[PDB]
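First the proteins, then the strands, lettered A, B, ... as listed; each starts at 1.
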Amino acid sequence: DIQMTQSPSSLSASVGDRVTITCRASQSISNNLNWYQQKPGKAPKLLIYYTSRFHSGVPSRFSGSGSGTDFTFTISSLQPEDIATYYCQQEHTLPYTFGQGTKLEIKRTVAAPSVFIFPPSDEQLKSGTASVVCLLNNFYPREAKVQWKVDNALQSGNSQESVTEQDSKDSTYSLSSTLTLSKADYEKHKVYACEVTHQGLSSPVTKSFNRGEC
Amino acid sequence: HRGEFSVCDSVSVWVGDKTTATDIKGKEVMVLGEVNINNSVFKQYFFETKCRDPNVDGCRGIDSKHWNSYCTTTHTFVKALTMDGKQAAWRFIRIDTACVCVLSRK
Amino acid sequence: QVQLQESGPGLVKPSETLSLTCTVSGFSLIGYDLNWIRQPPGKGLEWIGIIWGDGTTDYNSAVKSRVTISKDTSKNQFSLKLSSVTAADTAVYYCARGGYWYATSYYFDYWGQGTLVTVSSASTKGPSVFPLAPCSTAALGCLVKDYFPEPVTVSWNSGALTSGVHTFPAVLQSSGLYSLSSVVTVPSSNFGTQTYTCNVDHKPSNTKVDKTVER
């Protein structure tokens, strides 16, 4: 089995930048190397075959190079749509093997989040559980802090958060935080607040509601 | 190695439904579905490459100012079990193998 | 014109046999090769096997004793059978057709969108869908709670609404059940006659939920 080692595993670069991904085979594969691009939630897409040959519908900004043990994939002018995991693939011998992938993200200007809070619905309350949701919309960078407060008591260990993959147009992220309580605990407090800290926010922003006014 | 594009677009496939082929003698011949060695029978398959429909983008990258050009399907000889008459025959048949650019003077 | 679509159950019990079919169109199954490639969650790609045009196979040594790849040209289908299944088999399985540039170069040119297969002793559970509405640039959404296994697909207005949509990765709860939110952002005064419906589909439990969210 031939082992493909890609470098770097991850990379952040600005729009317009030249990006270079490396692929290294354990044994010589001559020119029998293909490059795939896998966009978030999508199947891998063939870009380059036989080291440097373009497949259908591939941008002029992409290119491939190399021989034997050393191969390169270049993006001449990195664009927002290039957000993906790139994989090299050996076709010199069976079994076919891929490199571990190069996650490519975009360095963009600071974009502050737009914050929204959602109380639990009446139908979920019927079940005995309360889920309070906080949405952080289209921000950059990915790093963001969400503090849940319940009658000014800082909550910890009772929330889970999720972040979307980088958007292929504006290069921003979105995040949702779910605060989970029981109906009993939820019904014993008034103010539900979501405090957000981010580089785009001069001071943290708070979004809140008062239970019994929804 | 350095090549980004072909001057001629081609298509390469496995051919498993071949019934007729012109032999090396230039005569139409019937191609058998099965062949065999001392023990096992095999279904007859061939690998073929040919030009994509236009014959391309005139070939790509050709100096049009000096040359007229077109992509053309060239062939190879492959051995195949065929039928000449009553007897079975292991003969050389003509099959699609490539798509090449051919030039002509202006 | 070239289309590949994998199907199979999202949930297989450990030691049982995983069974996937790949339904195709646009090309002959006699003239093209089909490959099965898998991707464990958050991991790289792994080639499992091949069925060449002639009907001959070759399987990766790592899985070899458990693999069966066949094809039904009459049904435009390719099968994959993975016996004696373990949690190391939890992955998104892809069917990819091979393409050739002479006998010189080979590549996986056309891929299916992949089907997630989870190996667990746990039972399938359909989701509960709850509205995400403000208490008082407006946002709304759906909370798809307590489902197993993954995935869940979420669309808005039967796929007619795509701008402003964020469907977040599922989060695994303490209960071993998944939970996700899908949100849609709209301008403050775009309502009046505007209905927002999230179409939740959880194929493993065969649950389809159409939830209408009101202001």
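- The chief contact partner of chains A and C in this model is named by UniProt as Beta-nerve growth factor.
- The drug candidate or drug found at chains A and C is named tanezumab.
- Residues of chain B with a heavy atom within 4.5 Å of a heavy atom of tanezumab (chains A and C): B/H1, B/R2, B/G3, B/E4, B/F5, B/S6, B/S10, B/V11, B/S12, B/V13, B/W14, B/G16, B/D17, B/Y45, B/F47, B/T49, B/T97, B/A98, B/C99.
- Residues of tanezumab (chains A and C) within 4.5 Å of chain B by heavy-atom distance: A/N31, A/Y50, A/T51, A/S52, A/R53, A/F54, A/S63, A/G66, A/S67, C/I30, C/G31, C/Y32, C/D33, C/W52, C/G53, C/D54, C/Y100, C/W101, C/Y102, C/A103.
- Of all 1-acyl-sn-glycero-3-phospho-L-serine-binding residues UniProt records in chain B, not one places a non-hydrogen atom under 4.5 Å from tanezumab (chains A and C).
- The organism that the PDB names for chain B is Homo sapiens.
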